[PDB]
Structures are given as structure tokens and as C-alpha cells.
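Opening remarks: the structure here includes 1-deoxynojirimycin.
Chain lettering follows the listing: the opening sequence line is A, and each later line takes the next letter. Residues displayed in chain A correspond, in order, to the PDB entry positions 1-822. To match the PDB entry, the residue numbers of chain B are left as they are there, and the shown ones run 1-822. Counting starts at 1 for both ligands and their atoms, following the listed order. When reading the values below, keep in mind they use all heavy atoms of this one structure, side chains included, and skip hydrogens, waters and symmetry mates. Method of determination (from the header): X-ray crystallography, 2.4 Å.
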Protein chains: 2
Amino acid sequence: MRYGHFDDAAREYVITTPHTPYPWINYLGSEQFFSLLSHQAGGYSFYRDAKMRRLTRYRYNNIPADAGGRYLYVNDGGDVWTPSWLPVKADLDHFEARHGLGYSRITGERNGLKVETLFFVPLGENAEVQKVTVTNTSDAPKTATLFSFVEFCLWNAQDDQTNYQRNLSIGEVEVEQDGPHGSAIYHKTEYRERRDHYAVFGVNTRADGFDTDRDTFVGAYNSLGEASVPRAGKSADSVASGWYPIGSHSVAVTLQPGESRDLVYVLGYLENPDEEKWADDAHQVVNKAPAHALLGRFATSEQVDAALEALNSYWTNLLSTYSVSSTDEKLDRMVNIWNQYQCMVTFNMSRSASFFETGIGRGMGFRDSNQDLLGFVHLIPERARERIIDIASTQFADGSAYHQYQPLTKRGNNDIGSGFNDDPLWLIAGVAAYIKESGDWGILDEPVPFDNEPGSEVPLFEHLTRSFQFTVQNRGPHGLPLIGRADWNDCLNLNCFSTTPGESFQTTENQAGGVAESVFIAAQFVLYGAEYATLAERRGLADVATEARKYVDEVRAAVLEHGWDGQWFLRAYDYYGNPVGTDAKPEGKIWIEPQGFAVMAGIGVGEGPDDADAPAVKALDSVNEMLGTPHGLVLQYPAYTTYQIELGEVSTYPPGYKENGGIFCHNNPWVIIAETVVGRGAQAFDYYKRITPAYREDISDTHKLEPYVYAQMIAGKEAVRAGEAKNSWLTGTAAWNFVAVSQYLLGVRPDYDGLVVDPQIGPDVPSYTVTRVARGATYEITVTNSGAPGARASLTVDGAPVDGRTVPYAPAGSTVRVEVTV
Amino acid sequence: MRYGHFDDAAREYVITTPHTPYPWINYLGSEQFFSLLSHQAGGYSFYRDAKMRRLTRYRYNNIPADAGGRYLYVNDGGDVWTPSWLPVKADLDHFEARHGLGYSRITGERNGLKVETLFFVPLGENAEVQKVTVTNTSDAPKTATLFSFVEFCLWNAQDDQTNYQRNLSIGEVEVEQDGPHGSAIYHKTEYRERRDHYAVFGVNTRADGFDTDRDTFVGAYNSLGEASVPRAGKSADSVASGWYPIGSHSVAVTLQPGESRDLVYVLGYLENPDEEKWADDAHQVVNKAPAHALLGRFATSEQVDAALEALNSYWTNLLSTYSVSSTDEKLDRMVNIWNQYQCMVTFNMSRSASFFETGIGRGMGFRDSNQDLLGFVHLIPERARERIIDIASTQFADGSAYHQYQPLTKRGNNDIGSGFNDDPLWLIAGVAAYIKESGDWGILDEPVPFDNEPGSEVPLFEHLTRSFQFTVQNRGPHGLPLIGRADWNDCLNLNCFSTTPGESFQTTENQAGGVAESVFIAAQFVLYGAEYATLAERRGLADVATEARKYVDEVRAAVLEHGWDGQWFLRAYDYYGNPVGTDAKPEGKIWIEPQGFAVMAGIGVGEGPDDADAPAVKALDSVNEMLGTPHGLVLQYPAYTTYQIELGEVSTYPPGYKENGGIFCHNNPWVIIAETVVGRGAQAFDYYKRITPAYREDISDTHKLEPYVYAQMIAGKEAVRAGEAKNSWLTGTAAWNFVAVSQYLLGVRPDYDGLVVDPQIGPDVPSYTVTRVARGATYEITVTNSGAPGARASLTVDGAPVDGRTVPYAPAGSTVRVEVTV
Ligand SMILES: OC[C@H]1O[C@@H](O)[C@H](O)[C@@H](O)[C@@H]1O
Ligand SMILES: OC[C@H]1O[C@@H](O)[C@H](O)[C@@H](O)[C@@H]1O
Ligand SMILES: OC[C@H]1NC[C@H](O)[C@@H](O)[C@@H]1O
Ligand SMILES: OC[C@H]1NC[C@H](O)[C@@H](O)[C@@H]1O
């Protein structure tokens, strides 16, 4: 039922068994170098780009899962074991993995020898550091040999897995047994030609021996768990020539009773200017200057400790912007630690690389990285700022955009499709969230190219004009926006009609013509068009702003007139003008996306929570009856049981999975916020709980996946695996639940001209205090909360009552005490 | 060392240990459905296309190599083992694997139970059949449980290994324990949607139980060697929902001493008409009729035995066209069995799918499948006719062509680049060989589209015109052919200048302009331009033929005037117009390709073998001294030790591998042929022996790969791994060495109007007889061969002498007796 427990004071999740339901990972690094690290040391690392600069190899869908990562074989008297458990799977007297913020510790103990490894990526460094502590826990002296192991990737991860006819002949290493700080191995494939970068794997000691060739170290016919070298007790000292390069060092250790030793291993990513690639005039020997420097920065324990403390200080400081103290310690741990930590990861990774996303085809999604901003702008505004410029530079002059860009190059590509008509409006979403947060109006003036074209620069604001005008000029017969390839739901392809197997719905060519419309984009246009009009007003553009609110008006009125089914919002009109998401159809009656997003947009809001005549209220009640489950809200009901050619990808999933009846968690917080907008705090918070890691920890054997982060997808009611998650970690659910909980449930949300304090969470959290730093000042917000249905807040500020729920921004350096009664 | 032996009478290679240096595979099937089967039962199967219809999953670069395939776990009173040895690796009393023609047989014995499995793909079937015979070889009764196992792939092999974020939720199966002939499992992923196909895995008996979920069968934390289910002794009857579908049946047997039992397993690929996909109106249950009909065609051992006998008769028939009886049993087994079998494999596979080619990026290559025709035309000429039509249909109107086509759709693509200028001329090579073989002049009238455009058809001959004109109208400043992206050598990229890492030289954009020319294409053009001339004269195209010979003469003169270095032929002019492959540069002084091919074209051939002044002789002596290793001839010398930006991919390989000083065996037969042209039989035969599998069997530990088929590359003298092969099976070396030995060494080659008999093999083959069927007549050719340098045959035919070396074709039905004196 549980496989570990949170450690709130340490900011760690503690895994107390190797035998979890699935591999459970951490991400190390927050800047430009990243590692996937499972609780069994499986995973890999990459610089900037998981497809293009992957340092170490990892196999998806391996048998068993996650047999492959950073291993340390201990040979004690002929007995070989690994403290990560896998691959050898020797009985351990004690095992524990601690996943922390930017680091993890994995401990195994066997027959009087305890081996603990601290893994992290140091701030400022493109390296993964491991600090090993071997301890004699027996009453007698003890000796052992330790064999380190890492398997290299040949940089291009797609090439590495497919192009052996070339790549088995190109692997190249160097060995440096007597370096300045210890022993090192260089992985230097293709440095001969166009690469200016190599990898290093070294230790802060003169190793007894080494191995660079996988086949020699593992042995023929053997798995990682039977590697010949550790069993033999002595390195072969292999020098790779093609095949499969690895990094491994042997170190002999001797320990008195109770005595320990630290060893420091470093996996690094090094570059040289072209001028300085080589150490020799013949150009055969890599220039090792930067690696000697890197290894010198991690030559001692003290230096590792000092970096782990700077990393802890960096996390303390990131988490100082938004905190809560409440009566619900699960709510608290989510808000203060886990949900913000995940937001940092998604900002960096988008949907690119996890234990489910393979870090090949997906780079940095236009819609996804825009939505990640919403959860990230409060953490490091300046990096959010630059991300906005990078994303907007992949937009086209007509307002549409590349659906994603390649992280190394910042260039758009069509590798997972083009012409998704929801994409343009998300850019407004992210900019609005950024300006509300930081107040940096001058970003609107930043010159930004179209599709990276030298000389095409216009102000960022003009880019938002192109997004807005894209929708206004791409409406169909009902005044709703044309959907194109798909909207937010990638599997709703109304211009597709595909009969050909094995061509991606995402990528396959679309039919010209038709009248296919999205009720979802309409709700999105209403929400974010209003935001754009506001941006325009601030810029003194009264002509532009006026026209804009008119269009918003026309589209709102189109949603009530032509997008309302009777008890919920319509989903779409197909190519031929048929309604999708109507009670008139047998399957796919109600789809969740327009319900939450329409009501978020104020569409169909009546007199209050108990205004039973109001579309918003009918919509949400229907969401509740027809879509709700103990695990969250399923995307549509009922799921499709046969292929519907005119809807594209959606009906191709078996019922209850992904977009065909799955709980697609990213869209539940839309419903959450909808319910707070309508004044049903209690129900809003209920939905929050159903999908939130801290609340699902007690059902770990059912969720299966990491119990400390949101997943993309939980199997829905119509699936035999109801409650089982897939695709953990990399989901917009993280940014969107942070919004929901922080800004609409706890109620604290930056606006243009003040801080909105508008609790709506219902009776299960009767008091809390939020600490929010906003525009240089600190708001202490003490909330006493009846939870009464429909009841909203009154504020007194610094001893004096104020009107409404917006506290105008105090000057930098202030502390403002706001007293809240709901 | 050796790890087995040839069995000529059985036409098998006999592997006597599991512990080979590398997995050794056979190919099953010769029609539309194929299996890669290793001596450990490893590999996978596909229908028509390895990328788009892969039935079963295989992991390239697994640890260990080749742990996944068709396994049969035996649980004998709790002991679990596999007769394939992998994956359980339990100690076997006896092991043997026999690779034969379209079948293999693998036998494993442990603790009084012998388990023999016969694998093949039957004629006219899309299925892999296994016949399993279990024998009690002990002196006491036995009870054992047999668990079969295969792991499905989700059809699209690329999506399977990269698109988990979708595909983990789409896997579906149906289980039929009580079918008409036994138990069956249906793998039907995506049948719900666009696929009209599904796989079956069945046994000819009612199974005790089954399994369809991989995780349940294998167990958490377990590899395939530690599978839980067989260890537990009973199936878990698991029914997959997503994740990893498998096919598995359990069958308990009880055997008295010396008793045996047969079991027939079938892995079938089935299709239904769209109107007939579903058993039920609700469209939920697959229509099983064709799967029931398939299982019924293999419900008995008798039915298997008959099919295997028909497969034998089919091969005996294929091999009845060319054979030799000589004093060299190594030569004979290559000419009679192995090289012809290989030629059928290359005709079918091109270069897409092997244990090195991943069946992903590569489909059927234009140059590749054209050149394969040279060694396949005599086997099944009607299939070569169709193949020529399929190829020519991927050609553009300007005469240039798509570099390869998708096996499933027959439509060309640029996935591995475009604008390889040697491509167009290979079309003529293929048609010339085919017509010489068959005399089917009518093929030149076949209407053939460009780029498959309906309505674009012109006669085949007209395609050849376009090929010929392409080269005429693409010459540089020396009158030598413009190189384009590359010629035959994919890595000689003169229009490239890439400094961006990670980007394929094959697909990356090229510079317009410069003056880069290829001596190889020049030689190629002289050789095949001449055939083109001949075909135009015979179509009655006098002026065209005259014009064609004029062009050939210019290009021949240009080779001698501008493509000559002094002691060898030049390789090329670079973008700047500088010579490539000259003694004036320090690396890449001499390249093999234009040496073999210019001399085959007759360029610089003098008065005889002893004329030291003929450029052909000098060229070939330079190739001997500079390129010769005891493992074959390296591509160029010295190999490049630094990246040469003007040359492309070539210098990106470490010295001695692939195109940078590897023995690229495909170009070795060109030198073999060349040598026979100058009358140096002994040396030509020497070169043939150096790379030929039967002669390298005695160095199996050095070669490492299959000792019965040619490999693409043998590491060169500048490699640390000198003599170790990579990329076995799929190589043009098969067809080119067949051409060399059958036609130039042994000397029996079809021409347009008679059969040329021109032995040039030197004194190691003093006497031999060739039985050649050509144009429905059998030629019995008896050769007394002095092997004396430059000595050339004279003939008598049916007791009467004739002039020169061409025997006019006798009419169908006759036996012609040719007595040959050299
Ligand atoms: O695309 C196929 C080509 O790839 C190159 O990288 C290899 O060196 C060539 O041997 C091969 O012909
Ligand atoms: O290309 C990415 C898209 O792939 C589809 O196969 C999935 O159903 C979507 O969830 C995903 O957004
Ligand atoms: O289709 C829904 C959803 N699939 C998952 C994708 O990452 C996201 O971009 C998309 O909005
Ligand atoms: O580059 C030489 C050679 N490499 C291997 C390819 O399959 C072939 O088409 C090419 O000619």
C-alpha cells in the first residue's frame, strides 16, 4: 500500500524498498545539464538536449525495467553486490533511497559493508557528481573492491538506437590512469570530426584498474547483473575500439571497524573552442584542461558538501516566494515543496524526456512550455522572461506557430505536427501570467523575430496581435474558431479521415476545406482575448482594445448560441458541420475541456452557486455526474468503442486510456478553477485532492507511479486498470494545479494593479496563512474560513478595512499584513 | 578456432555450441514474410516490411546480445531451462543448431529431456511454424511443462521503440483456449482502428493455460532468464490491457522412457477484407476465419513434414541452374549452396533488416537492389523482372531517382538522402544482366511510370535513356561525371562542408556549385554506357546508338587524360577542382573503387598480364601492394587520421573501419573481375579466397560473424580489430562475388546471343565441370585448366570445334556438351 514516506523537514521523499510498483525517478539539475535518476540508479544524463547530447545510454522497455544506470559493484571476498539492488539483486540487510531537491541518496548495506551514494548536479556545472561513503559496520576489519560503471550513449540518441551499421565502428575513448586528481576516462566519439565536446568519467583517487569496453567488462552472454569483471575481482583494463564504450574504475578499500571512506566520482560534459581541441599537433589527443579543472572542483568531500549546501540554499530561496501554513499537512507539502519542484522540472524539460517520453521526437512544445510558465513565473521571473522570447521567436508572421522547437537550436520543427489552432493563444496566456507576476511591461517592447528570421523583429506585443488576429480571422460558420489539425486535445483531428495504418495522426496530412470548429478554442479566445485587450489598454491602444473586446463579445455569444447542448457545452463541429459532444450522440456525449475552460472564461455564470438556471452550473453538475471518479475526471463520457474516422486519433485508444476516457489530469484543474469561479469551493478542493500526489500516496499500489509528482494520465472508469497512472512527471498538470491551488483555492493571485486575495476552498481548510513575495514586498495573509458555499472574502490591510479583494501593490521592501475573513 | 562445420549433403551449417563469438542468424522465408532466427532462437518476424509490419519485438544492443526470441521453457520437476540455452543459460548435456535453407533446427537436452525445435516459414504462407519434439531419453518416466513464449511488437517498429506515451495504452489481445485445432492468442493492436491485420500465435493442442501480459509471465525485477511463470510451473492466464502483449501457452506432457511427443506452434500474420473485419455487429471481436484456416493447415506433424519437403524441393530446384563440381570443396559449397542462398536473402531484404541493419531507416535501395539483381537473375528471373519494374518506377523523369523505396508501399523516399549520381546507371546494369540471362527483350517495352505517377508511363527502355542522358548532361570541367551527394561510396561527400555535429552526411543539405567529379561514375558510365549502346542498336535506334558510343568514348578518354595519377587511377576532383586519391596528398593516396571498375570497363588494359606498362596492370599492382591484407583489400590507403572537411563522412571513421580503410567487401569482386580481365587468374582467385566464408571458417574467432555468409565490412590493416567483420548477411558482396566466381573465375557468363565460356582462375583449380541451364537448355561444361597466366580458353561443342569463346544458344530442351581447354 505505501513504499515510503515524505520527509517534510528534509524536503525528500523516502523510498524504503527496492520493490516499488514501477521505477521512481528524480530529476537532477535545473539549468542546462540534467539527469534522470531512479531509486535504483537507473537513467541517463544529457546536456541541454535529450536527443542531441545524451551522454549515457538507457534502454526503454528493457527486461527487467531499469536494468541500466550508474552502478557500483562491491566485491567482498568473492561476493558481488550493488547497493542500488539492481542489477545484481543481492539480499540487502538495509536499503533506502531518498529523493530530494536536485539530489538523491541511495544506500545499500550487505555483510558488514554499507554503501551510500549521494547523486546531484552542482549549480553552475555540466556534470553529475556522486559522492560515495563506504562504511564498515562489523566488529572486524574488512576489505573490498569497488567497480564503478556507466555506459556511454553516442550523443545522438536516435542514431545510437538505430544506426549500428555506422555507429558500431566509431566509439572512441582515452584512458588517464594518472591524472592530476585521480583516474579519468574520456568518451570522445565523433570529437575526431564535428563534435567540440567529450564526456569524462573520473574519480578522486588513482584507481587500481579500469575498463572502457562493455563486452569485456560485462562478459559474453551476461547481463549487467552477472558482469564478469566484478565477479573476477579485477579490472581487465579494456581499451574500446568501437562497439560499446563504458566508464569503469576499480578502487580497493580497507576499513577498520566503524571506519568509512569517501570517493568522489564525476560524469562531465566538456567543450573546447575549435582552436584548442587537441593536446598534440597530430590531433589524436583531446585537450583535457577543462576536465582537469572540473575534476579539480570535485576533488574533495568538502567541495561536494559545499556545493550540496549551495544547492539547498538555492532551493530554500526559490521556495521563499510562495508558502502556506495550514491544518492540512498534505496540502502544505504539495504547495511548499513538491508542486513547485515539479514546475521547475517541466519548465526545463517540457514533455521531452522522462521514463515515458523518450527524449527523441519531442523537444519544447509551444503550448506546453507556454502553459508551464503559469506555474513557473513566480519561481525565477528572469528565466520565464527569456523563455517567452525563445518560444515567441518560433511563431510565424501570420500568428500561427511551430508546434515545438528543438532545445539545442531553439528552432521550430514539424516533427509531431503543425497547424494546431489552439497554439497561438497560449502565448498571450504566458505573457499575461508573466506581466501580472513581475510587472515587467517592457517585455512587450522586446524585439522578437518571426521563425528566427534575421531582420523580421517586431515588438513582443505585435506577436500577441498576430495570435489574437489569427483566431479572429479563422472562425467558421457558427462564429467559433476553426480547429485545424487539433486543439488542446491532440487526438481530436476533424480534418483527418485517415484509413492508412501506421502514419501518425499527429503528422499525417490534413484535408483542405470543411467547417470544423472548436468550442474549446472559443472559450480560450474569450479568456485570453480579454487579457490581450487589457494589455492593449495599458499600451494606450484604445482603437485596438475596443475592437478586441467586440470580438470577445462575438465569440462569447457564439458559445451560448451555438455551443450549448442543453446541460453542458458542445465540444466541436466536425468537417461536415455535425456537432461533437452532444447528448444526441451515443458515445462522446460530454467532453470536459469546454466545461472547465468556458466557465473559467466567465461564460454562462449566473447569480451564484445555487443559480440552477445558469449554463455554468448545469455544465459542472454534468461534469460531476457523468465524468467524476475517485481518481479524477475522465476526458469524455462514454468513451468510443469503435473507430470514428471523422474524429481522428481519439477513438483509437481502448476505452479509459489517454484521450479516450482517460483521466487527462492537465484538464482537471480547469474544472477546479471553474468551480471556484462559480462559488463551489468545497467541490473544487475535492477535485484537487483526487489527483494530487500527497493524497494518493496511501494508494501507491494503485497509482503505481511516483507518489510525489503529478502524472499525465490516470486510467479512467472504463479501463480495467482504473486508477493506474502512466506518463509521470512531464505534464502541464503541474503548472495548472499550482495555479489552481495557489491562486484560486488558497486564493492568492497577482493581478496587473494589485494582489487578489480571494479564497475559495470550502470548509475542509478553516484557517491558513499564506506568505507571498510579490513585486519586492512580502504579504502575510491570515485566513479564517467558514467554507460557506458561495461565501467570498473581506480584507482588512495593516489594521484598516478595504473594499473588495485586491490589495494594491505595496513598495519594494514592505511587509504587508492582510487579514482575511470568508 | 571453429564453432561448427558445413554439412554439404544436408545443405546446412552446423553450430556445435551456444558460445559463438557473435549471434549467428538464418533468414526464414523467401516470399513476402520473413524471420531473423539466431542459433539461440533470437530475432523477430515481419510481413513485407521490417519497419511497418513487424510482428514480434527484438532489442538491438541488448545486454546480453540476443536475449529475446521464440523460447520454450521446460519445467521438469521444478528445474527450468531452455533448449536454445539463452535466456536461462542452464547447463545442457547436448546442444546443436543447424541452419539450413529456409529452415533451422535447434536442439537442447538436459536431465533426460531432449527438446528439438524445427523453425521455418512455409511456401505460400505468412507464418513462422515451429515443430517441437520432446523425447524422454532417460530410463524413467518424465513429466514436464512446456511454456512457449514470443513477445509482440506493435507493428510500426519505430513507434514501438519510441512512442510509449501513446503506445503503452493501446496493446490488445484476444485469447482462444478452445479453438478448432487447439489454443490461440490474437495480437490485434490497432485492429480497432486503421489496421486490417492481426497476428496469431497458436499450438495444435488444447493448452493447460496461457499468458498474454509480459510483466505477469516474467515477473517484476526479472529478466527473461528468470521468468516467474515457468518457475511457478503453471501459466497465470493473464489477459493484457496495454503494456507489453506476449503469446504463451503451457502444455504438460508425460513421457515413458524413449517416448516423444510433437507440438506444432504457428506465428501467423492475417488480414481481413474491411467488410469482413469483425465476427460481431458491434465490431468488438476479430473475425478469426483466416487464422482458423492457417492453424488447420498446420494442425499435424504430417502437414509440417510435407511443407518442409516442398521447401526442400523448391531449393533443389532453385539451385539446379548453376553448379560446379571441382577439386575444391570450399569453392564448391560457396558456388552450389551458400552464395546463391545469400543472393536470395539480399534480393528480398536489400539492406533493411539484419542483426546490424535495424529494419527502420532503410527500405529497398536503388543501387542496392539493382546490384543484387546481378546475382539473382539466374535463380528466379520472373521475380527479377518485376523487381526491375518496381525499381524503375521510383525513377524521376530527369533520370535521377529516389535513393530507396519503402518495401510496403513501393514508393521512394529521401530518408537516407537524395542525389546520389551513381544511382541512375545501376538501372542499366540490372536490365543488361537480366536480358543477357533470360533473353526477354520484351521487358524493354514494359510501360513504366516515373515516381509512380499514374499516366506517366513510358517504355522501360525510355527509363534507361533517362539514366544514360543524366550522366551525359552532368559532366564537370574534365568531362568526368559530376559526383552529386556521393557516388557508390556514400561517404565521399564533396558538396558538403558540414561543421554541425550530429547531422547525417546522408541527409544534410548540400552546396550548390563547385566542380566535383567522380572517376568511379566515369568508369561506371563507360561500362554501362556500352550496354546502353548495345540495347539501342538492338531496339533499332541507329543514331541514338551511335551518339551513345561517342559519349562513352569521350568519357573513356577523359579517364585516361584526367583520371590517371601515374601508378593508379584518380578517385575524384573535389568541390575546388583538386585531385582526390593522388600520391601528392599524404593520406588517401589510392582508392580501390576506380581501380577495379575502370579496369572492368577495359580502360588502360594492354597487351597481356605481362605488359608492365599497361595502366590497368600498374593500377592493379598498386592495389596489390598498397591495399592488400590477408583479410582482403582495404578501400583506400593510408586511411585519414584527421577530419577532412572537403571529403564528407569518409574521414569521420577511425582508421581501418568502414569507408575509412575498412575492407568494404562489396568492392573486392570488382578487383577480382578486373584481374581476370588482364589475365591474372591466380591473383583474382587469391582475392576471392581472402574474403569468402568457406575459406575463413577456420578463423571463426577473428571473423566473429556467420562463417557461411559474406559481411559488408572486415576491419582493415589500420584497425586494432583487423580482420573482425561487421554487418553480415546484407551486402552487395554476395551478388558481386557470385558474379565474379560463377562468371569470370569459373568463366561461364550469359551474353545476348550466346553463353560465353572464358575460365580465368589460375592453377589452384586444375579441372572442374559446370552445369548451367540457360534459356531452357542445359550446358555441360568440362574444363581442363592449366591456370597459366594470360592463357585463355578454346572450346569444342558436341565433338566439333568452334571459334572464340561464345557458344550460340542452343534451343530449349537440348543438352550441349562443351569441352574447354585453357
Ligand atoms: O545510409 C547508409 C550509409 O551510411 C553511412 O553512414 C555508412 O558509412 C555507409 O556504409 C552506408 O552506406
Ligand atoms: O504527439 C503527441 C501526442 O501524441 C498522441 O499520440 C497522444 O495521444 C497525445 O496525448 C500526445 O499529445
Ligand atoms: O491532447 C492532450 C494533450 N496531450 C499531451 C500533450 O503533451 C499536450 O500537449 C496535449 O495538450
Ligand atoms: O558506401 C558504400 C556502400 N555502403 C553500404 C550501402 O548499403 C551501399 O549502398 C553503399 O554503396
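- Here, the model contains 1-deoxynojirimycin as ligands 3 and 4.
- Most heavy-atom contacts to 1-deoxynojirimycin (ligand 3) in this structure come from the chain listed in the PDB entry as Cellobiose Phosphorylase.
- Every other chain with a heavy atom under 4.0 Å from 1-deoxynojirimycin (ligand 3) is listed here: A.
- With non-hydrogen distances under 4.0 Å, the site around 1-deoxynojirimycin (ligand 3) consists of A:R351, A:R362, A:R367, A:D368, A:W488, A:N489, A:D490, A:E659, A:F664, A:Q712.
- Closest to atom 11 (O) of 1-deoxynojirimycin (ligand 3) among all protein heavy atoms lies A:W488 O, 2.7 Å.
- Scanning all protein heavy atoms for the shortest distance to atom 3 (C) of 1-deoxynojirimycin (ligand 3) gives A:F664 CE2, 3.5 Å.
- Within less than 4.0 Å of 1-deoxynojirimycin (ligand 3), the structure shows other ligands or ions, namely ligand 2 (beta-D-glucopyranose).
- Close N/O approach between A:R362 and 1-deoxynojirimycin (ligand 3) is found [any backbone or side-chain N/O within under 3.5 Å].
- The ligand atoms of 1-deoxynojirimycin (ligand 3) that sit less than 4.0 angstrom from a heavy atom of A:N489 are 1 (O), 2 (C).
- For 1-deoxynojirimycin (ligand 3), the atoms sitting less than 4.0 Å from at least one non-hydrogen atom of A:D368 are 6 (C), 7 (O), 8 (C), 9 (O), numbered in the order shown with element in parentheses.
- Residue A:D490 has at least one nitrogen or oxygen atom sitting less than 3.5 Å from a nitrogen or oxygen atom of 1-deoxynojirimycin (ligand 3), judged on distance alone.
- Atom 5 (C) of 1-deoxynojirimycin (ligand 3) has as its closest protein heavy atom A:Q712 NE2, 3.5 Å.
- Close contacts between 1-deoxynojirimycin (ligand 3) and A:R351 involve ligand atoms 7 (O) [criterion: under 4.0 Å to a heavy atom].
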